[PDB]
Amino acid sequence: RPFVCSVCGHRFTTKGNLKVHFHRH
Amino acid sequence: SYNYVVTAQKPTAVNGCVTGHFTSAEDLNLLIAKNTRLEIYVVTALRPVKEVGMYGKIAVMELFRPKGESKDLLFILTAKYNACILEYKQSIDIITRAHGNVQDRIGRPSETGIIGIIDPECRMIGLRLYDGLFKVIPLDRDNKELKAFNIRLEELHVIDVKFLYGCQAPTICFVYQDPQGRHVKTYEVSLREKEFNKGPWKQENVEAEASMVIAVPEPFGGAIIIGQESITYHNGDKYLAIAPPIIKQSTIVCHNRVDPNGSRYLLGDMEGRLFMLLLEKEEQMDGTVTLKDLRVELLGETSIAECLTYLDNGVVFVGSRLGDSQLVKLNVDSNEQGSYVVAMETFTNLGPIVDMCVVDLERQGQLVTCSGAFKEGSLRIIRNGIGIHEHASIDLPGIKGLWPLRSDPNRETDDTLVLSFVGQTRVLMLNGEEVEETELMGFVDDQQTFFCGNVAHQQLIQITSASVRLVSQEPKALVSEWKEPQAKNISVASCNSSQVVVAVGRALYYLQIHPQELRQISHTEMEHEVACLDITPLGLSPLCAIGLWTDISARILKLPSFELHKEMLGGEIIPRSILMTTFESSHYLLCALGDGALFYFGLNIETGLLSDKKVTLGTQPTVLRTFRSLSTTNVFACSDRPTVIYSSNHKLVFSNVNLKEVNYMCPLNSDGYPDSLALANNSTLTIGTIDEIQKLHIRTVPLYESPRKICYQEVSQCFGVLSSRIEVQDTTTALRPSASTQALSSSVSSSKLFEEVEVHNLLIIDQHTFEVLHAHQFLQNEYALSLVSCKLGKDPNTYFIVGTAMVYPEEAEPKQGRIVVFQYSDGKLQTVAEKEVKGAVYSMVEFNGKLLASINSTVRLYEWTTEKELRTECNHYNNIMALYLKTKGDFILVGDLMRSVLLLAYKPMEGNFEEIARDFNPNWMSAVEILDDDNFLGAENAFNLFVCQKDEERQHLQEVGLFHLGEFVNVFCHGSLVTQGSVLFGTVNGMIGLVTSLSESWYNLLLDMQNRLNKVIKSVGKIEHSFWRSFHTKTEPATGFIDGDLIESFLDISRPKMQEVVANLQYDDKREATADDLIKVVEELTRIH
Amino acid sequence: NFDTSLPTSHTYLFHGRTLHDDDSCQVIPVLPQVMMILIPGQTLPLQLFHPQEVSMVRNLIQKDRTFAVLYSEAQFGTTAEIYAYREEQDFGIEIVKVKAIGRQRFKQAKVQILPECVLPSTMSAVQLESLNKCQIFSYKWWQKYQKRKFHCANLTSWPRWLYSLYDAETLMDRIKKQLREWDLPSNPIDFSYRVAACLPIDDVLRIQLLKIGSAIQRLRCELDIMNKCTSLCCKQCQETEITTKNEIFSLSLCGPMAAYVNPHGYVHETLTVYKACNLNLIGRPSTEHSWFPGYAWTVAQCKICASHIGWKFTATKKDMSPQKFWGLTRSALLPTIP
Ligand SMILES: Nc1cccc2c1C(=O)N([C@H]1CCC(=O)NC1=O)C2=O
Ligand SMILES: [Zn+2]
Ligand SMILES: [Zn+2]
């Protein structure tokens, strides 16, 4: 899981899943 | 908004006192400083000499004599750092030898305040102003600018500092405090190097609470250290320390040296004790002596001392701020009794005016103030008028008339006073001050007398209701008698040196006074029964003034023809007295009605034509009489409120007399009462002199506790006074019997809700006697905060309402309080309703039948129900502490100690408050008031006044007024002692002032008037009036205010300075204004207080 | 316990002497993408990546070394002065890391310094000259203090205990006891600013104290919040209690709250508490770039709304004190009066 959010540290596997969480910031 | 301030009473508390030789090297002076004032006395076995007003708050007052000078010079430093050196010159002026502003740009003011000390050789002046700096002023003869240099003080927190006696160079000795405790240190001050050099000695672990340094003179040298327990002396390596028990009760706060050898000192307590510290010497084996021990003897108790000074003949001046200042005599401890103190004189000090109120008591309203603190607490009644010094009283009620009489024809001096009554007449004789009623051979004593006295041809006269009698001086006997041909009664009589115009009902007759005969001349009818007469010549009178009962008019009749000029009065009420007299240059006539009016007209004694003006003087009938004061005769108008009538600048002025009701008066120049007046009222005859001017009169009511709030309740004719006395822990143990303990009837709270100690009471004080009629003591640890008298709801009773706050030491912010509604009926005060409250009731004001009480940060509006209770209908919360409450109609002014103000309004259709405006300018604020619906007055930090105006985002207030007053204002209240509106204010320094609103046409006039007076008037320390009145803390020039004390000094400068001011002035009615235009204008401003 | 000085030294990542005199007009840089309300004396770590910024700082070293931090857009702000700086080019990524500290409040930005309004005591106006000599002096000491310092209240129309409620020295002590409660400066100005940054409030309340110019009104209003804000809830869903005052403790030397950067340069004012309820923990505890050396952080989010409230920290040694604590970012919280 190398894709991490830039605010909290939440990790994901795909680049698209990270874009889902970051939109909540 | 443009307002106008003026000092209504100069400050009374003493900032500091010092003796010396100032007026002449041969005199001994006592110089007293009271804030912005300086008194100069000359000691006798105290004679005033010169009072001056500076443009500063006197902070440092010290005398000194430079080398090779005639007399001592005075150094003064104001709180705005204005330094000046002054000299006395003999009509009398005080000149400035050297002046300058010693203020620094950077620097923090020190926590112990300004300290100014001068070395014994007058080389330099040392000033402590800021932490870490010491400013030295070389006293060179060529230092007219007071130039000064600073030195680095690594000792930052200094307590006290003096110069040491007997040193090879100027040396200071100061007590400071660092984390390592307290110490005492000495420094050698280098005039040349301009630095510090290590002093002759220093010490460690100086006592814990050392606060006062005294410099012992040349005999011994060194210094003294005063503390809470120990008194310690230092000198080089010499050391003495005593901890006497007679001082452990309180703190020494002021000292003063008695003798130049330093053997005896005077120490002042904080609780008023007076001690004498005595050095004791010891003979040495090679000449001069050596100090051996120190003694302290309690001389007694004086007023709470602030400064102390010893006048040569064993008489001490006790300069006080919380109480009256004193001249006290000390008796050396003698075989007969232990050293004790007795006061000779007492000087009035209005003290720290905590609260006050204006009251119309004699029905001009006088001012009653809460003054002082602790045993010096008191009430002060302040009435304005011409006071009368009484000299004798006689108990004779129902006096209907009063006349002087000269029984001895060879003696100019009077010796007889004739008194009329109903169907009776009494003749009194005067030998010195012994009065005795006797008969006058020829006078009848069974009829009311309407006139009597000395007439021409060496004779007397008496006009009773039945006859006009003429008595001879030499062998007193009747010579001629006029009686009405039909045996009718004389109704109104008037007589002078030669003429007699009596009047029976409608008709009146004109008589002349000749040797041994009273020849009638004129028989004339009138349209309506006559009511008053006057026949005063301006030696014979060619005219006669009359008034008609049904006509209601004042007429002028030529004598002896009785032919009418005339003017008409109008009304349904008859005249009671009329008089023709002369004021200033022009002639006049005065007529007074039964309703109290007083018409006055300009008379032409040739053409008989009267012209013009009328004014009311009470609601009871008025009787006019003429007396002589100085070389110009005035008119005394007896009535409900008597009044002296004079003319300044050709305008009739009415200054009231400081007396209860007066019915009849007459001047009297007897042997025992020369140049005096005989006043008569409903009960008593009084004889005494009369002051020439209208002055402030202060009655003192000692309370011996601290009064804090006061209101008036007219329906009970008494005052409600909040007060607090101090009691010891005991085991109910007071320190001294006070007003709360010497009441006629005492009650205790006993409620249902919920080392020294403060005990709060509500004092019920009679308005006439100022007895302590009742004293309700509140609960334990309950602090009474606000007090108001008012009627609530539909309840017709007037209630005393008190707002309190449970003050426990453990609770920082108070969390519970009361709103107690008292009722005073009969002789007793009854608790009518409580109301528990979760906070402090800081302020209460009546609000249109409801009670507006502030509670911590909340403003509550209670209602008064038929169940006789307090019901809550509204509430409002704020981000500030509702300390101040002032209202008008539906506006509400709210403020806290942080100068942040809020403006609320009760919106009735919503049962709710709306915030109208708001202004937050953080500073310390002491009192507020509402001038009108648009303007609000307040006092903020550094002795200033400010005004905030109202005129959407205009919910922010404009700062329209700023003014440096020089006084700490505690209370604002509306009223005056008889320009728009009137607002008085009290002061910590005892100063009383007045604010009144002006029109813009006048503000710019008096503004340009001020800019002109400053160019002319010579200031004491040459302090620019703009800088003295400049807003200070930030620092801005004043605006919106006019210095009335400046405008009123226009009448003190010489006549050339007056034109000089009015040189290029455009006046109002637009012409090059003249000095007389401004004299009559400035004088009109002196009559608002 | 643990080294309370470690968090304030920002281990996971210069004699400052330039001050601008009061009311001056200065032109100062404002950093892009920085959003926070900064308090005089508060510490601010930063991590900058754009060459724009990296240029601004490299040249900012010259002269002032001070930039402006600003939002409701913005009427006021605070100058921040860089006291430490490293230029790291590791992994071939050029990063500039700086630690600034807030200095002055103001109203490239054209900027007017707001003066700190300092007033004397309530008594400095009414103080008897004879008692000037006495103005310099375990809780009765405060009754003595009150009696002697405010003695001249008797000259005015209010009691000693009122003037006490506006006395900086007294107020600071009243604040101290609460600050002691879960274990400072002597200058009231400094004290009020130190606890301003400690107080977990929301962006709109932080602007209130910033607008306040006087220490007295700052300390007073600060005492109100400390009594009135017992509970702390999730800002997003409002009605969900995360922790209480009881649980707040100062793990960092500066206080229970300081500003911390994550690796991407986002600033988090996180509040250290012992207990925290209604949070879910996701992912695995990790020490990578942990602001508390010795502890691993796990992402915590509100049980109800899933909005990221902060982090749970766990010890890595079984001998460490405060074995578990929660760190809550200030922007995610809402003080409540229950
Ligand atoms: N390594 C990453 C990567 C992305 C985001 C974060 C971190 C990270 O460490 N923190 C916080 C977690 C909490 C902490 O103690 N220190 C941090 O830097 C983040 O927000
Ligand atoms: Zn995230
Ligand atoms: Zn939530």
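Chain letters run A, B, ... following the sequence lines, proteins first and then strands; every chain starts at 1. Numbering of ligands and ligand atoms starts at 1, following listing order. Worth knowing before you read on, the calculation uses all heavy atoms, side chains too, and leaves out hydrogens, waters and symmetry mates.
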**Student:** Which chain makes more heavy-atom contacts with ligand 1 than any other chain, name per UniProt?
**Tutor:**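 Greatest contact count: Protein cereblon.
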**Student:** Just wondering, what drug is modeled at ligand 1?
**Tutor:**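 Recorded as S-pomalidomide.
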**Student:** By chain letter, what other chains have any heavy atom closer than 4.0 Å to S-pomalidomide (ligand 1)?
**Tutor:** A, C
**Student:** In the PDB file, what molecule name belongs to chain A?
**Tutor:**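 The entry uses the name Sal-like protein 4.
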**Student:** Which organism is chain C attributed to in the entry?
**Tutor:** Homo sapiens
**Student:** Help me out - which UniProt domain of chain C has the most residues in contact with S-pomalidomide (ligand 1)?
**Tutor:**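 The UniProt domain in question is cult.
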